[PDB]
Protein chains: 4
Amino acid sequence: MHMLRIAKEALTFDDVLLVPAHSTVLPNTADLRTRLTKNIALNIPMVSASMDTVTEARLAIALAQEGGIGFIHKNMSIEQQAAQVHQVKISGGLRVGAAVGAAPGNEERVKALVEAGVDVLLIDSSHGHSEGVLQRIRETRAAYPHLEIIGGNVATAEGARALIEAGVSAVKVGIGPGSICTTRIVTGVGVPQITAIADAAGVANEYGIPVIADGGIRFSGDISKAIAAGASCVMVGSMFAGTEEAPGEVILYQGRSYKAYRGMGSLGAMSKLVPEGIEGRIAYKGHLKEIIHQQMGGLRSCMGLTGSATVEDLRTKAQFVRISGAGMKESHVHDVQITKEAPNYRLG
Amino acid sequence: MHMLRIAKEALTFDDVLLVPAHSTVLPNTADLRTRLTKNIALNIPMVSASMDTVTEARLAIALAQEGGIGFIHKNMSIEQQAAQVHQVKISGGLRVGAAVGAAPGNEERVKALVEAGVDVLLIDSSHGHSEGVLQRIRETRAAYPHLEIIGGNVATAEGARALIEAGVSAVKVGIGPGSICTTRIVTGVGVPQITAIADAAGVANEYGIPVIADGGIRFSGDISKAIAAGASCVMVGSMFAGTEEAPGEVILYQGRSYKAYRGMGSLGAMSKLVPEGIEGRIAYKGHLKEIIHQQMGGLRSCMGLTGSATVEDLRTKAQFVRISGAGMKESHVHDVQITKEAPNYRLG
Amino acid sequence: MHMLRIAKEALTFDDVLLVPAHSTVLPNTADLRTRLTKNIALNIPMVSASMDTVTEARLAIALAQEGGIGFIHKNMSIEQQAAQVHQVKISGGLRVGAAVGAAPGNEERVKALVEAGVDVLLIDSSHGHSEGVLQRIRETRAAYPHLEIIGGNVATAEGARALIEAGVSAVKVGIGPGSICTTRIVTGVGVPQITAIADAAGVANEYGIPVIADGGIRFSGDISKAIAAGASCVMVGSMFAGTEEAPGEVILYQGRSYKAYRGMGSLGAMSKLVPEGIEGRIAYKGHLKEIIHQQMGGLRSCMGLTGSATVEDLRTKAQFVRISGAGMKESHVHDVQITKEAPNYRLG
Amino acid sequence: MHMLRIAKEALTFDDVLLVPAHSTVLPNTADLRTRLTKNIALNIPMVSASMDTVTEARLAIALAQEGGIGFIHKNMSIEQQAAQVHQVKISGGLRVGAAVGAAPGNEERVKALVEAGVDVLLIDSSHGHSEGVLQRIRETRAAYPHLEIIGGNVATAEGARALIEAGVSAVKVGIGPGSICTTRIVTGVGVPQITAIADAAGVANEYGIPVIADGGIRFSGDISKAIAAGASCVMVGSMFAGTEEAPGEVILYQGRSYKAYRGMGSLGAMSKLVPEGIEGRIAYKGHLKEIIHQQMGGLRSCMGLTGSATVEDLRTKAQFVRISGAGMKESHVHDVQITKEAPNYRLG
Ligand SMILES: COc1c(C)c2c(c(O)c1C/C=C(\C)CCC(=O)O)C(=O)OC2
Ligand SMILES: COc1c(C)c2c(c(O)c1C/C=C(\C)CCC(=O)O)C(=O)OC2
Ligand SMILES: COc1c(C)c2c(c(O)c1C/C=C(\C)CCC(=O)O)C(=O)OC2
Ligand SMILES: COc1c(C)c2c(c(O)c1C/C=C(\C)CCC(=O)O)C(=O)OC2
Ligand SMILES: O=c1[nH]cnc2c1ncn2[C@@H]1O[C@H](COP(=O)(O)O)[C@@H](O)[C@H]1O
Ligand SMILES: O=c1[nH]cnc2c1ncn2[C@@H]1O[C@H](COP(=O)(O)O)[C@@H](O)[C@H]1O
Ligand SMILES: O=c1[nH]cnc2c1ncn2[C@@H]1O[C@H](COP(=O)(O)O)[C@@H](O)[C@H]1O
Ligand SMILES: O=c1[nH]cnc2c1ncn2[C@@H]1O[C@H](COP(=O)(O)O)[C@@H](O)[C@H]1O
Ligand SMILES: [K+]
Ligand SMILES: [K+]
Ligand SMILES: [K+]
Ligand SMILES: [K+]
């Protein structure tokens, strides 16, 4: 019978914790280096979302200087987007990426971006397993046989495989886990992100193709978990939004400091439309460099606790335990009133 | 032993998500057409609840114009109910339904409604598996052999089967999931709605009889899930209550705009009574046509994500994953303050 | 290995719902009659807690008049307790019970209560499986071979069995589920109440001995569930506290009307003590008769939905489904603002 | 496949309850005596955290007088720490412990503490399975063959074993359950505490080595559970913070009385640092002696309910049931407004 076609149970970040192990690794000796694509290395496993409230040249420069790579968003003219890529390239040999989406008629944007020296092109869609997206990847790969191309987003083994066979240099994973996302609520479609990363990685591992975990990262411990689940690096929006280097001005509202943060599927980013994201504000965070130091500090401390000398060790060898709701509540601060916010644990 | 007679675990909407798949379907090319009954087609898979704060001729007209069908409520005289059915029929060949409940002595209401040209009669009860309800269905089917009859509500395979054998043209499913319902709390009786739809559909599928999923639909993603669970269309109360076309005037209260919305089992709708619903208010929503566009937009986007070309594909082929509480929390917007409500994600 | 000695998973009320079935039963034709003990019948399956903020003669009279039985509390002199039992007996042949606890030196209280015509003696302890309690039961049974004796509380098969072999006429079940109870938090000891009732009943059924489900009943649906789990009737404190007939005066506080309600293990009821209950206030509820009508209305409607003609049918034949947290949230009223509290669903 | 490397499910305090059993034990006849180490007995199973807002000589004296042992913290000079150990020793032959952490260069602190008469040395780390910690234990054990040494923290069987083989006299268990801890959130690493205690004890039991359960104890029932899980005693911070005897002055804030309580991994305790704890305030609690009486009262009442004559009986024979979220909610006080806080159940 099995009238209800339930393929399996799926987990996200708050369903699991990493198990501590024998370790000779110290936090400050952990090696954070990793891969974005088969041919592009990173010194830290962080990439910035291709969103108009997160990544232009300014943030892409600060991030590349810390060892990551920024993806310049496409909500600007072809000329401005190429100028922004070029600005990153002439700021000290830094690497940069750029998003172009998946619609037809992006050829001229793609050509401008390759000419401006873009290191990696992101063909990104809310549905990477769409035949349109797969065909744009094939055409771009035939047109530019040596361009590094990231394609996404998928949330399944099958999708990771279709992207790899279409020619991607990395698979980006995540359908609906984003802070600003309403896709799962408005469509009913999604896969909890830890299960999505692991399913994608089980395929991509076979071809040596890295998986980028995109969306849903809120605390530095979610980075650790995303990597242990199979990701080679993570993509973040909300963790970098609100930084000084992110686009837009600081807004003061009811004693607090904010920057705008919105989904690229929100009515405002898209300009009757049916949106799959919201328009919001995110607490001002100060300089990207300090945020990065705190988040990588957490990852470093995990690598010490797990005995993971390198990111590959965390990604292929660390183990999880599955926890309940009570388990998650124990993991947070509890039964004490906080008198000073820690820089790596800001709730409100 | 098994002293505790637990038949199985049961799931509702927030326990599951739909898995994305290979798709050539685009949202605006998805085919939304479906069946209400074996012989009555709909252009969209939405029917309105037979409630006195949701459906009279006005809403039934607007909905039929969008491709759905409205069920005129029975809290009015036989004459007014027939006049309302007739008003829908002479508003451009629109289809209309009407509720009559299940008590004896409804014969003359039934005759008036058939004469006024009603397309589908709803014999609706809070307990469709009641022998009284089954006998009213049999008598109505012998009296009107070609009248389309919907019978409900049930929440089990056995109940769906008893309704089919009594002569129904469609089975309506749902015991207790409604927004305004206190049945499960006051009686202890109910079945989580995704499991209820799937159990009913496993039976009804064998006879080609559609299942209508009634109650508990809050976001457009719940529509997708209800169909993937086996429903051919959904019935909604609260999603249409508060629209301009729903009965009753707009109430202004503490800066906000409302319309009355109440269970038909509430003390007010029934006039010592023991109620199984409450009397409430629901946010003013504006015109039904825009609400419908947003909800069908979500369903369309699901069909694109799932590669479901038609509603039948979603209903018989899409797959689910089971999620935890943490999974559901990730699916909503999280860790960002919303500055503008999206029209398809209004919380408060 | 199994270092963690976990005997099994256990459930309470909000973990389960009752499945609707074929029914010829109508709510107002359901038979509510049941057994308190092997030899004492009740017209409704409700008994009142032996608490000093719930049951003296006044409430015990009103309840017996509705078909239940009240247990007079022991926080008064032997003489006052016998006078209260006698007052119920001379108010029209009504049945009455009285609590005496389990400490040595209760012989003279017991003799006074039997002489005042008590129908049923409650030897009640927070730990019915205590050897002291079992020996007081044996001695009382040898002293009064025809006195109906209820012993409790237990939460296991083994405990139910030890009480039966000690000579009880009914087993009372519940360790820690009470509204006003902190036992499980302060000791770490308890069994979720639906599992506790079913385990006890699996034993008691073999001897024809009824089980009384004591504590944790909040809504009328919990009564249905407690019986379907194996109870012959339920004992309630908080549902009857705050009624006009319960002991104590109405307190007005911040616009609302209250009566005191406290655990018998609270510091105030016991007068360095280590309490296992709290002192509180409970909303004023009006007359017991109307409360009873609402709660039995819910039970009646369950019996209609489940096709349970008698309480025995509900107790031995109805089936459950296990639900998630999302299931429970769907069961309550949701996504609507309540404008008028229903008499059987008062939250605040 | 099993791409997601999930070793097993893990539980903490709120996931389980203890099952009541046949008992001849009365609360006030229960024997609370236990072991801290193989060679050091305690009269009650409570030790105080080595934190600068919890334990100096003053609290260590009051606790030892009640039958426990206090661990003097190391955020002071070697001389002050030895003077504090000495003060406890000359306050009536009381036992005392002292923390030294795990970094190299602690030799001279260790020598000063042994000379000042410390009974037990705590070599404590946030990662007891670190090779650095294991080597400091070996060196300290070769240097002081008869010094009782506690090593920690671990959360696994493997870790308990590595500590035992390094020479510890007791294993301290807990990675991340502390009130003031953000390790699990900032690193992603941790094990729910009931599972952590049981896994560690399965190893330590084989060598007769006690396990100390450290962190996450909020109510006296958590003590019972920690012992039944395999601990010989518990270590607490927040339960003793805010007592009169704990370090620091009472702070009055918004009508309420507090003392500072902070993680030893917090930015303030450590003085760019990446912290693993927060700085907070905890309600003023009054004298340690009364707190201890309430907490041991709860444990005593558990031993009565479980028929556990001694702590060893609770630790090796008591059984658990696994509960849901609804189970935990039933265990707390519910559906009543508390008018007087009980001394053993203070929420706010
Ligand atoms: C492309 O950026 C995304 C991504 C990566 C994801 C989602 C999403 O909604 C958007 C915005 C949707 C946009 C800009 C409309 C164009 C399109 O539909 O491709 C999602 O739910 O999971 C992943
Ligand atoms: C009939 O409308 C419903 C339906 C469809 C359902 C329930 C319900 O309470 C009412 C109102 C109950 C009324 C009007 C009283 C008459 C009766 O009892 O039939 C429910 O809980 O699941 C389904
Ligand atoms: C006896 O009334 C109870 C019962 C029935 C239960 C509990 C309880 O705390 C009390 C009050 C405890 C009292 C009055 C102290 C005397 C004693 O201990 O027997 C409980 O937790 O489950 C069941
Ligand atoms: C040592 O005290 C602890 C313990 C016992 C634990 C944790 C922790 O963060 C600290 C403070 C961390 C400090 C003082 C920094 C030095 C170090 O790292 O050892 C934890 O998460 O589980 C157990
Ligand atoms: O409007 C949107 N709806 C849904 N997902 C979006 C939208 N805009 C961007 N995203 C995705 O959300 C991610 C950011 O998630 P975050 O880091 O949790 O804030 C982006 O990298 C995209 O994958
Ligand atoms: O008083 C009531 N109690 C319980 N269910 C009701 C009541 N009135 C109507 N219903 C059901 O609730 C459904 C509406 O649910 P909603 O769409 O979640 O607001 C209706 O279609 C009926 O099935
Ligand atoms: O102080 C107490 N602590 C724990 N349980 C108590 C206490 N006083 C009474 N009880 C139990 O709690 C029951 C009432 O539970 P209630 O109906 O949920 O309010 C009583 O019948 C007793 O079994
Ligand atoms: O900063 C910190 N971060 C994490 N754990 C800490 C920190 N400081 C102390 N601890 C641990 O937390 C325990 C106290 O937990 P508590 O009793 O739940 O308040 C201590 O005994 C240590 O094991
Ligand atoms: K914690
Ligand atoms: K989301
Ligand atoms: K409901
Ligand atoms: K309780």
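By convention in this document, chain letters (A, B, ...) are assigned in the order of the sequence lines, proteins followed by strands, and residues within each chain are numbered from 1. Hydrogens, waters and symmetry mates play no part in the numbers below; they use all other heavy atoms, side chains included. Order of listing sets the numbers, starting from 1, for every ligand and every atom in it.
- At ligand 3 one finds the drug mycophenolic acid.
- The largest share of close contacts with mycophenolic acid (ligand 3) comes from the chain named in the PDB entry as Inosine 5'-monophosphate dehydrogenase.
- Every other chain with a heavy atom under 4.0 Å from mycophenolic acid (ligand 3) is named here: C.
- Contact atoms of mycophenolic acid (ligand 3) toward C:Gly174: 22 (O), 23 (C) (distance under 4.0 Å to a heavy atom of the residue).
- The entry gives the source of chain C as Vibrio cholerae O1 biovar El Tor.
- The C:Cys181 neighbourhood of mycophenolic acid (ligand 3) comprises atoms 21 (O), with distances under 4.0 Å to a heavy atom of that residue.
- Put simply, atom 15 (C) of mycophenolic acid (ligand 3) has no protein non-hydrogen atoms near it, under 4.0 Å away.
- Residue-ligand proximity, C:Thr183 to mycophenolic acid (ligand 3), at heavy-atom distances under 4.0 Å covers atoms 9 (O), 20 (C), 21 (O).
- Among all protein heavy atoms, the one lying closest to atom 18 (O) of mycophenolic acid (ligand 3) is C:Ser126 OG, 2.7 Å.
- For mycophenolic acid (ligand 3), the atoms lying closer than 4.0 Å to a non-hydrogen atom of C:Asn153 are 5 (C), 23 (C).
- Lab note: binding site of mycophenolic acid (ligand 3), heavy atoms under 4.0 Å, is C:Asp124, C:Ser125, C:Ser126, C:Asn153, C:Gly174, C:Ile175, C:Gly176, C:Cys181, C:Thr183, C:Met264, C:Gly265.
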